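Sequential numbering from 1 along the given sequence is applied to the chain's residues. One-based numbering, in listed order, for ligands and for the atoms of each. In what follows, every heavy atom counts, from backbone to side chain, and hydrogens, waters and symmetry copies are set aside.
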Amino acid sequence: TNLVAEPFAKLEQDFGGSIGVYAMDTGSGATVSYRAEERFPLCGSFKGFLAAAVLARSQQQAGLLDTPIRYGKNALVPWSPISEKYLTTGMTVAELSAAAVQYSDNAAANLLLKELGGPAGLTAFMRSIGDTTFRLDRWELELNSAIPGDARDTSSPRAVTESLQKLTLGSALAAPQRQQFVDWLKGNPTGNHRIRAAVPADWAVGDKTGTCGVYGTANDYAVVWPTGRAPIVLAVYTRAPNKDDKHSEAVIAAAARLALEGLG
Ligand SMILES: C[C@@H](O)[C@@H](C(=O)O)[C@@H]1NC(C(=O)O)=C(S[C@@H]2CN[C@H](C(=O)N(C)C)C2)[C@@H]1C
């Protein structure tokens with residue numbers, strides 16, 4: 001309503017851009033929504049769903065996760081801190097997935113996209129779990145352009161949350177794969193100033209961040225496990241009108257706090 005939305009509008013007025021938020025209490029079904037069906041660039045946040053798509057494919061292809069990917073130096077793209085170190089040996093699909101999630105490794109992401117049939121393959125996986133909003137159209141690094149009006153490489157806060165719920169808490173992944181995905185998100189160290197900063201320290205959190213680097217466009221989605229309560233799933237996405245507008249981790253954390261504090 002208006003008292004739900006009012007603190008969000010104030011926050012994005014001070015931020016100088018747009019904030020999109022969706023949070024779901026998986027026990028009661030209560031939600032908090034703000035610009036939740038608007039499109040925002042995914043940036044690197046797609047890499048979480050990328051790892052989930054790989055895990056799901058391993059349910060149909062036994063031993064996919066252990067497949068060695070031996071790549072050449074030209075497979076490397078900027079911001080590939082893990083894959084650059086294994087150029088002389090190669091990495092398995094599961095090792096690449098861990099790097100894509102926890103270090104946002106770009107070469108790892110592109111290698112896994114290639115295994116799935118390109119960006120179209122990741123989009124097809126998201127369609128397979130009932131996500132009709134998600135679209136990945138381009139590769140790293142071009143998908144980070146975040147140009148105003150462009151629907152390529154975007155989703156909505158609601159669809160991100162709904163798909164994250166299906167993959168981490170629903171039946172989309174088998175228990176071993178589900179455990180693996182949750183562990184990668186929980187061990188992610190790139191989001192300490194985003195959704196995690198809004199959550200009490202004793203509550204476990206798994207997240208995946210995105211930071212396009214332009215147009216104040218950055219994001220985070222997370223599963224939150226309140227002690228002995230039903231988990232929460234939420235997504236916080238930002239963008240801004242000017243190419244050199246700075247993203248704000250504080251704004252993401254503040255919006256996350258508002259959403260978590262508003263759940264019935
Ligand atoms: C490739 C970039 O656009 C970005 C993305 O894919 O969204 C990369 N992914 C992220 C992200 O935010 O998920 C990062 S690293 C992140 C920001 N810097 C943190 C860090 O490790 N530092 C050393 C500051 C973690 C990179 C900027």
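- In this structure, the drug found at ligand 1 is meropenem (hydrolyzed form).
- Contacts with meropenem (hydrolyzed form) are greatest for the chain named in UniProt as Carbapenem-hydrolyzing beta-lactamase KPC-2.
- Among the atoms of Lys208, some N or O lies under 3.5 angstrom from an N or O of meropenem (hydrolyzed form).
- Near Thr211, meaning under 4.0 Å from any of its heavy atoms, are these atoms of meropenem (hydrolyzed form): 2 (C), 3 (O), 4 (C), 5 (C), 7 (O), 11 (C), 12 (O).
- Note on meropenem (hydrolyzed form): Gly213 sits outside its first shell, no heavy atom being nearer than 4.0 Å.
- Contact annotation for atom 18 (N) of meropenem (hydrolyzed form): protein absent (non-hydrogen atoms, distance under 4.0 Å).
- Per the entry, the organism of origin for chain A is Klebsiella pneumoniae.
- Contacts between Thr209 and meropenem (hydrolyzed form), counted as non-hydrogen atom pairs separated by less than 4.0 Å, involve both the backbone and the side chain.
- Geometrically, meropenem (hydrolyzed form) and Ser104 share a nitrogen or oxygen pair separated by less than 3.5 Å.
- For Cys43, no nitrogen or oxygen atom sits less than 3.5 Å from a nitrogen or oxygen atom of meropenem (hydrolyzed form), counting backbone and side chain alike.
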